[PDB]
Colleague: 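Hey, got a structure here with cocaine, can you help?
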Amino acid sequence: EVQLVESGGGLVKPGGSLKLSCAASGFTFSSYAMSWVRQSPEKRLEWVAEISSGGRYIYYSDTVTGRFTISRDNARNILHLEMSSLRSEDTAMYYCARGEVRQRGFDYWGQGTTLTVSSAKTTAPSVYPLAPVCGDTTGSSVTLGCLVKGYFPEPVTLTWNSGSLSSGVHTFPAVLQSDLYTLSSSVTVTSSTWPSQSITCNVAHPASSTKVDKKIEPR
Amino acid sequence: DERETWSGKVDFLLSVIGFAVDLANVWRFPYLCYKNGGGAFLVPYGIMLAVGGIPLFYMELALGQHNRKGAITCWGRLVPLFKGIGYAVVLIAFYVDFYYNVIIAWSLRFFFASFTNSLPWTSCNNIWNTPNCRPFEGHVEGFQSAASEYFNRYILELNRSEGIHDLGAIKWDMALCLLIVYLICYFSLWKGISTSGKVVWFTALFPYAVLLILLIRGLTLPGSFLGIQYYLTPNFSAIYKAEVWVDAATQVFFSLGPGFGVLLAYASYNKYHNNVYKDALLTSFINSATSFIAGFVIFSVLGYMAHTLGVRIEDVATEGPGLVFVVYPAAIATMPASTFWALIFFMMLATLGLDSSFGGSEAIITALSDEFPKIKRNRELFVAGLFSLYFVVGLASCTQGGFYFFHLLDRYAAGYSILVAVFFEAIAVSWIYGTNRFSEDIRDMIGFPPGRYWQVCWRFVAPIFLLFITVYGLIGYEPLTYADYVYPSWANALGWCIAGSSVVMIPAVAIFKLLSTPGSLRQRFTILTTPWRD
Amino acid sequence: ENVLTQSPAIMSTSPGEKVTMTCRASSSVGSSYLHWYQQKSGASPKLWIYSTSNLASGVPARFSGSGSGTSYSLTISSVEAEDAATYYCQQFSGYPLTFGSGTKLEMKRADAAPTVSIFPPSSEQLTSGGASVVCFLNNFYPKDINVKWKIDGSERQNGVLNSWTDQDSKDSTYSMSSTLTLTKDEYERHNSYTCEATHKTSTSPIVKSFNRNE
Ligand SMILES: CC(C)CCC[C@@H](C)[C@H]1CC[C@H]2[C@@H]3CC=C4C[C@@H](OC(=O)CCC(=O)O)CC[C@]4(C)[C@H]3CC[C@]12C
Ligand SMILES: CC(C)CCC[C@@H](C)[C@H]1CC[C@H]2[C@@H]3CC=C4C[C@@H](O)CC[C@]4(C)[C@H]3CC[C@]12C
Ligand SMILES: OC[C@H]1O[C@H](O[C@H]2[C@H](O)[C@@H](O)[C@@H](O)O[C@@H]2CO)[C@H](O)[C@@H](O)[C@@H]1O
Ligand SMILES: COC(=O)[C@H]1[C@@H](OC(=O)c2ccccc2)C[C@@H]2CC[C@H]1N2C
Ligand SMILES: [Cl-]
Ligand code: NA
Ligand code: NA
């Protein structure tokens with residue numbers, strides 16, 4: 001029906017600049033005001049800027065004012081946020097949000113696009129298999145693991161057996177320590193199914209263009 | 001940065017109510033109901049009010065508050081090419097109070113004439129009377145009622161005048177009433193809306209106090225129900241009549257006040273984020289509701305006259321000043337406690353016109369103040385100079401042929417002046433400036449865009465609505481005449497010159513503006529069509 | 001700016017129970033301008049209640065809202081597991097626009113003890129210069145749990161990475177991951193490693209160890 005797709009965004013160094021875009025479809029775009037709302041890694045919502053139907057009325061938050069510039073293309077139905085002198089506190093997921101009526105609110109949001117501002121350098125993860133220890137081999141069920149360590153920036157894609165088995169799988173959110181993320185995932189299966197069949201940790205880190213499969217063997 | 005603002009919202013509302021609500025709510029509307037088949041007239045009235053009337057009323061109010069400036073600068077900053085619309089609208093209002101204030105003076109003249117147990121207009125044996133004087137209204141032209149002869153032969157002395165060419169002597173009693181009026185106006189518009197917004201509390205509210213009293217008194221009169229029947233008894237046969245739809249449209253248009261730049265001026269003092277949509281709906285309604293109420297106040301007494309006083313309803317049921325200055329006072333005199341009803345009636349007429357003159361004159365002052373910081377710097381001197389011009393020239397309306405002068409301006413001040421003015425207002429906004437922009441502007445103010453209903457009315461309905469009126473107006477055109485007197489050809493021309501004096505500013509200011517801007521034609525239009533905002 | 005504070009920050013509820021959330025503004029907010037948003041974990045916000053009392057399309061009638069001035073509230077009459085989310089209020093009254101600090105609604109369930117798995121450094125990591133021991137604490141309630149690493153008998157404190165999952169949308173339980181990274185020089189200098197988890201379920205901690213022989 002109505003769709004809003006945020007694009008652009010990624011890693012940027014402090015002082016650097018970047019341009020975000022929001023593709024609007026499913027409604028007459030010229031007829032509605034649009035705003036950029038962002039959410040920090042601490043999950044705090046902060047309204048960034050609002051632009052009118054015809055872009056003749058513009059409002060900015062005091063935090064982004066003078067740096068961010070919000071624009072509008074009503075011909076091609078695209079919303080834009082032009083950022084400059086990006087600081088590290090600008091790190092957040094940026095949302096494209098529509099609403100015309102203040103008494104209504106934002107009645108449609110996009111999927112968001114992630115901006116990360118760091119002086120840290122992109123690095124690829126070392127994926128490690130986690131095999132259990134010899135004995136006593138319970139009985140009933142067994143839990144395997146995969147360790148994704150020392151990578152940056154987010155995100156990473158982790159599936160088990162190319163996503164074929166999603167049940168009994170806990171993939172833990174990554175934690176940043178010293179400019180490097182460490183991530184782990186645990187999957188629990190019946191002792192009947194392992195190591196009878198194959199279990200492989202599938203890790204994808206597009207930022208470093210890494211794609212790795214790791215099979216778990218009881219070494 | 002930087003404009004004076006209202007002293008708080010009641011002041012604005014009562015300013016707009018007071019402006020829109022005037023003698024026209026008493027002296028045309030009830031008559032139209034009676035003539036057009038009663039409660040049935042409400043159907044075309046309401047439809048015309050919804051599609052044509054309120055949308056235009058809404059438009060100026062939003063436009064005024066948004067652009068934050070008087071009429072001239074407002075259209076200057078909106079569509080520079082059409083800035084003449086501001087000039088036209090302003091001097092239409094400029095012409096109008098050369099005459100309109102005479103109604104208030106008439107009201108004041110009856111007021112002080114009414115300080116007696118024995119009201120002069122009840123008797124046919126007085127010095128000003130003629131052998132043809134009836135005690136009450138009749139069909140025959142040559143025999144006037146008592147109240148009619150008091151008005152014409154005593155108050156007006158219109159019998160002394162043979163036409164507009166002979167104005168005759170200046171009545172200095174009438175001149176004193178006009179001056180007292182401009183005095184009241186002056187110390188009202190004295191300091192601006194900080195005062196004017198205060199005074200409207202009395203002038204806007206007082207009429208309702210008296211309307212209530214006369215509503216209760218009238219309905220307690222014998223025959224009062226017979227009056228209401230003539231007033232409201234539906235014939236839906238009229239709904240199919242073109243003249244009935246035209247009367248509805250026209251009345252709705254002229255009752256609400258667009259085209260004088262008054263709503264523009266008054267709204268311009270609003271806080272930007274004030275909700276002008278709620279104000280436009282509330283204010284519109286009260287204006288109409290007032291007319292509806294007053295209808296009962298009139299026809300209640302009208303029925304009483306037909307029942308107890310033995311006069312044909314068609315003879316006493318009328319419009320214009322005749323209703324308020326003759327027919328109604330004739331009834332009041334027959335009632336016990338006549339003096340009380342008389343005094344409060346004529347004070348009601350006064351306060352009905354006063355807050356109207358306030359907005360009218362305020363349209364000019366605000367318009368010029370924003371264009372010319374010279375007279376913005378001195379307000380007190382300007383209004384003194386304006387009202388002095390008014391009073392001196394207004395001595396013409398205090399003459400014995402004054403009504404002949406009043407009637408001329410009344411017709412030509414703006415009948416068609418304001419019609420084509422507002423027509424270019426609706427066109428400039430919806431098409432030239434655009435509805436997209438306009439809706440965007442309102443959203444930024446009140447938080448939400450106008451419903452696409454209002455948008456359609458501004459773009460299409462309004463223009464053909466104003467057209468529907470202006471076409472049927474020209475279709476039934478007949479040379480100016482009052483009673484048995486027919487105005488000369490030179491007089492009719494002078495009116496058209498007054499009528500076209502204002503409207504000519506639109507095309508004229510467009511030429512002078514077009515020729516003052518360098519570059520290609522298509523390049524020359526775009527510069528004059530680009531808003532102050534952009 | 002107009003600061004919207006919400007309480008509580010985190011809220012636990014058994015399905016069918018009645019829950020209420022409060023939103024307080026530093027400045028008076030026009031009743032018509034106050035709105036609510038529901039955000040499920042890993043998803044974008046959705047308009048929920050607008051102009052204080054008005055449910056957005058597709059919003060079950062179990063939701064209501066009320067308030068005025070500086071005080072507003074969101075209420076769920078009978079709570080369902082599909083309601084577990086974070087709820088943000090917002091004021092459109094004046095610029096800059098503001099969102100509330102949020103209220104996180106989580107489902108309450110019966111207490112459950114974690115299943116503790118411990119893993120030794122992989123062969124591959126043992127060639128790279130580092131060594132890290134991982135311990136999984138899975139499917140337990142409530143969320144609060146405390147892991148303690150021990151090399152032999154000695155307790156080790158620094159050098160750990162703990163991660164909790166979000167509450168599961170089925171069993172409504174929680175799971176945590178604890179990772180102890182060392183140098184192999186430091187790792188290969190000790191023969192025993194213990195991961196013990198203290199939790200409300202049991203008085204004594206759940207222990208999982210291994211020796212470097214097997
Ligand atoms: C006071 C009485 C005795 C005389 C007649 C009063 C009513 C019959 C008239 C006064 C003004 C009219 C209204 C003028 C404008 C509106 C708004 C309009 O509402 C919408 O189009 C909704 C779109 C939106 O809200 O943006 C519908 C017609 C309505 C209610 C009209 C209904 C008839 C009304 C109330
Ligand atoms: C004549 C009889 C039958 C009815 C009298 C109607 C009177 C009481 C009505 C007509 C117009 C009304 C006013 C219209 C405007 C406002 C602005 C609002 O913010 C305060 C109330 C106030 C001031 C209203 C008070 C009531 C009012 C004065
Ligand atoms: O003259 C007595 C007679 O006339 C009065 O008229 C006043 C008029 O109302 C004043 O405005 C002023 O012009 O003086 C007039 C008299 O010269 C009264 O109206 C009337 O009742 C009184 O009997
Ligand atoms: C003569 O024009 C009017 O009477 C209008 C208005 O009067 C004026 O515009 C005006 C202008 C200048 C001086 C006096 C009155 C009052 C009410 C509202 C619209 C209409 N009237 C019904
Ligand atoms: Cl009317
Ligand atoms: Na009127
Ligand atoms: Na008036």
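Note on naming: letters A, B, ... go to the chains in the order of the sequence lines (proteins, then strands), and numbering restarts at 1 for each one. Start at 1 and go down the list; that is how both ligands and their atoms are numbered.
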Colleague: For cocaine, which ligands or chains should I point to, including every copy?
Modeller: ligand 4
Colleague: Going by the PDB entry, what is the chain that binds cocaine with the most atom pairs under 4.5 Å called?
Modeller: Dopamine transporter
Colleague: I'd love to know which other chains sit under 4.0 Å from cocaine, counting non-hydrogen atoms.
Modeller: B
Colleague: With a heavy-atom cut-off of 4.0 Å, which transmembrane segments of chain B (UniProt numbering from the N terminus) are in contact with cocaine?
Modeller: 1, 3, 6, 8
Colleague: What is the overlap between the Na(+)-binding residues UniProt gives for chain B and the residues having a heavy atom closer than 4.0 Å to cocaine?
Modeller: B:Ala20, B:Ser255, B:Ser356
Colleague: Which other ligands or ions lie close to cocaine, meaning under 4.0 Å away?
Modeller: ligand 6 (sodium ion)
Colleague: What UniProt-listed substrate-binding residues in chain B have at least one heavy atom nearer than 4.0 Å to cocaine?
Modeller: B:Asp22, B:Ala93, B:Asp97
Colleague: Which residues lie closer than 4.0 Å to cocaine by heavy-atom distance?
Modeller: B:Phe19, B:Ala20, B:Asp22, B:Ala24, B:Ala93, B:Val96, B:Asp97, B:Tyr99, B:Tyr100, B:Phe254, B:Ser255, B:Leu256, B:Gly257, B:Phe260, B:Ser356, B:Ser357, B:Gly360
